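This file shows Thymidylate synthase complexed with raltitrexed.
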Protein chains: 2
Amino acid sequence: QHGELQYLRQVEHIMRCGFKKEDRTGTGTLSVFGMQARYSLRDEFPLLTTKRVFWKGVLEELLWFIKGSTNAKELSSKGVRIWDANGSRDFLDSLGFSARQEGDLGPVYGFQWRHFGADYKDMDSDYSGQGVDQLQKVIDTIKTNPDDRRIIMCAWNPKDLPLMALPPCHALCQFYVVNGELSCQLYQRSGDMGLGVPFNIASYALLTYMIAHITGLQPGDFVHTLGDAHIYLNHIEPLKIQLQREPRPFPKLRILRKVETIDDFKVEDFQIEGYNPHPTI
Amino acid sequence: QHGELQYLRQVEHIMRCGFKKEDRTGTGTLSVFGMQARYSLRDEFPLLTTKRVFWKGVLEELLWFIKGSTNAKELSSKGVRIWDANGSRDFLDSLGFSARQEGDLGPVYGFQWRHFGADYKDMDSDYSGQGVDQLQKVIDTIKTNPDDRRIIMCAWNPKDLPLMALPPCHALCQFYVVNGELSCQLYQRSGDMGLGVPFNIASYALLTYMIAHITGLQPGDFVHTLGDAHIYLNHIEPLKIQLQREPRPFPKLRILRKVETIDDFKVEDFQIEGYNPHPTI
Ligand SMILES: Cc1nc(=O)c2cc(CN(C)c3ccc(C(=O)N[C@@H](CCC(=O)O)C(=O)O)s3)ccc2[nH]1
Ligand SMILES: Cc1nc(=O)c2cc(CN(C)c3ccc(C(=O)N[C@@H](CCC(=O)O)C(=O)O)s3)ccc2[nH]1
Ligand SMILES: O=c1ccn([C@H]2C[C@H](O)[C@@H](COP(=O)(O)O)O2)c(=O)[nH]1
Ligand SMILES: O=c1ccn([C@H]2C[C@H](O)[C@@H](COP(=O)(O)O)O2)c(=O)[nH]1
């Protein structure tokens, strides 16, 4: 019945039927290919309870995406340092970007969502009016023709791939509308069930809530589709303890004011109610 | 359990729990959002048996994709009329392509696989060395680094969308490797369960077999993920008759010769074995 049981079953499935694989760095993982879960967004927000999810991070990262920013320093100054390692001088130099400034992640998510097709110079350049604004295109389509089957937002850009500090995990997401409800399916090519995935679920569940607010629709379902679903070997024991835990009722997300555009959203507009996560592992 | 039961249950689920939504054609559909199925490619080929599928069509269409052709007449000259209507004078005029010559479908599938990012002129143009050859990249990645989690081939191009006579249904596909087996996951944003889906399943299964042959691996699984899965109202009755029939064993696909490249593949290299379907409806 509870939505979190689906995630727990997926983690259990990988431990149960996964194959021993390897990484880019070489650490070792248990992996399964092709998984799908469906989380209900009706009167509840999917922020996992068996293990704490960095809420401030998902909120600040998404507002940073919408802003169209590719500067990691703009997210770091907000207290969210999850992209700092990829924007460092050392990492950018190992990829061959020496003339590039520090913090410049290349044409990642934000740039693809707002300026698809545009030529990328640097993080400080003005890209207004350049490229295809997929985000606004999504919102407008939901407002004009909700039955459309092409309401898609793609971050996977083969042409811009060599320039990105890190290739997109969330390659593509599609929206759907029935009975005044807004659903969303995410295609995640690679997902770490131990840390990344629970953060990813929350992020896109928030995106769906945001767009539903602007279009006057109600949040429906969130279909999470995975490509390479893995669990790192050094996390087998902690996750074993997490599987034994009983899920607490999912919290509730509340938007405190009526906003017209997606750009007008602020941290103060969001309120999480009833989030009681289990201790640390 | 037979692999075709997954497809049949999916059709049953859409008639039972689906929603009466609308279409761009305005013909009316029964729709569901977010489905997934897994078809084993180990010593068998997922060519549906409860209804005869046009094998010549899926074979000729795929070699047409690989060739990079966007000329519908180039496919028609082989007895495969599947894209004739999309390339006809009346259809091209209605979309606003009055200057385009017959058969010019625009930057469709084949162009996106071989020349992503290239500026399209027309079907009789030379695009050699232009764009990103995604197909070649996938093959080279599987050979030199099989554990990679970015083995993706994307046909969804927001920039080229308004130029396409036929919008991409199979928007993205990913490849995966374990135990010397190649698996593929396809993200179909829109799929007509009555006609298109059975054809699409065979198409990418064949592609997996093709790439697996060149890379020296064995065909693994074909994961089919759907977005807007639908059934047209006029297809309800003939599908009710298909649900009644019992699945016969899947045929086997045999590659008659050792081919080095994806471009060296020809029709004479393939032969379907043991295909005994039910009378076409
Ligand atoms: C091996 C590996 N697995 C991952 O899932 C992963 C994910 C990201 C990006 N991502 C989408 C993240 C989600 C959550 C995060 C995290 O760092 N949570 C911490 C906060 C760290 C800080 O405050 O600096 C936490 O849970 O406390 S990071 C970057 C490297 C990775 N590396
Ligand atoms: C409403 C609609 N649904 C679809 O799925 C669809 C698919 C295509 C492209 N496609 C993926 C197709 C696969 C097979 C096909 C077909 O017409 N088969 C015929 C033979 C005609 C020929 O000789 O080419 C048959 O089964 O009799 S059409 C074109 C228009 C569509 N229109
Ligand atoms: O939002 C994100 C970002 C990263 N990762 C994890 C998944 C992989 O373990 C790793 C990225 O490695 P590649 O898939 O790019 O090889 O980071 C996620 O799960 N979610
Ligand atoms: O490979 C294909 C090509 C087309 N279609 C069908 C299903 C859709 O109903 C239709 C395309 O219409 P849109 O989804 O683009 O609106 O063609 C498929 O199912 N598979």
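As listed: the chains are lettered in turn, A, B, ..., one for each sequence line. Note that chain A is numbered according to the PDB entry, with residues 21-301 shown in order. The numbers used for chain B are those of the PDB entry, and the residues that appear cover 21-301, in sequence. Numbering of ligands and ligand atoms starts at 1, following listing order. The deposited model was determined using X-ray crystallography, 2.6 Å.
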Ligand numbers or chain letters for raltitrexed = ligands 1 and 2
message = Quick one: what other chains come closer than 4.0 Å to raltitrexed (ligand 1), going by heavy atoms?
response = A
inquiry  = A/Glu81 versus raltitrexed (ligand 1): do any nitrogen or oxygen atoms come within less than 3.5 Å of each other?
reply    = no
request  = Evaluate the 4.0 Å heavy atom contact test for atom 27 (O) of raltitrexed (ligand 1): does a protein atom fall under the cut-off?
outcome  = yes
ask   = If hydrogens are left out, which of A/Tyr252, A/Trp75, A/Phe219 has an atom nearest to atom 13 (C) of raltitrexed (ligand 1), that is, the closest non-hydrogen atom?
value = A/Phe219
ask   = Tell me, which protein residue and heavy-atom name are nearest atom 2 (C) of raltitrexed (ligand 1), and how many Å apart are they?
value = A/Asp212 OD2, 4.0 Å
request  = Report the nearest protein non-hydrogen atom to atom 24 (O) of raltitrexed (ligand 1): residue, atom name, distance rounded to 0.1 Å.
outcome  = A/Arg101 CB, 4.2 Å
ask   = Hey, is atom 4 (C) of raltitrexed (ligand 1) touched by any protein heavy atom at less than 4.0 Å?
value = yes
ask   = Tell me: protein heavy atom nearest atom 31 (C) of raltitrexed (ligand 1), and distance?
value = A/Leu215 CD2, 4.9 Å
task = Find all atoms of raltitrexed (ligand 1) within a distance of less than 4.0 Å from any non-hydrogen atom belonging to A/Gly216, and give their numbers and elements.
result = 5 (O)
request  = List the closest protein heavy-atom neighbour of atom 25 (C) of raltitrexed (ligand 1): residue, atom name, distance to the nearest 0.1 Å.
outcome  = A/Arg72 NH2, 3.4 Å
inquiry  = I'd love to know which of the UniProt dUMP-binding residues in chain A sit under 4.0 Å from raltitrexed (ligand 1), measured heavy atom to heavy atom.
reply    = A/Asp212, A/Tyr252
key: Nearest active-site residue per UniProt, chain A, to raltitrexed (ligand 1) (non-hydrogen)   = A/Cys189, 7 Å
ask   = The entry lists a source organism for chain A; which one?
value = Rattus norvegicus
inquiry  = How far is atom 29 (C) of raltitrexed (ligand 1) from the closest protein heavy atom, and which atom is that?
reply    = A/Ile102 O, 4.5 Å
ask   = Short N/O distance, under 3.5 Å, between A/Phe74 and raltitrexed (ligand 1)?
value = no
query = Is a covalent adduct between raltitrexed (ligand 1) and a chain modeled, and at which residue and atom?
reply = none
key: Heavy-atom protein contact below 4.0 Å for atom 9 (C) of raltitrexed (ligand 1)   = no
key: Residues lining raltitrexed (ligand 1), heavy atoms within 4.0 Å   = A/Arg72, A/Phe74, A/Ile102, A/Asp212, A/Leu215, A/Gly216, A/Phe219, A/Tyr252
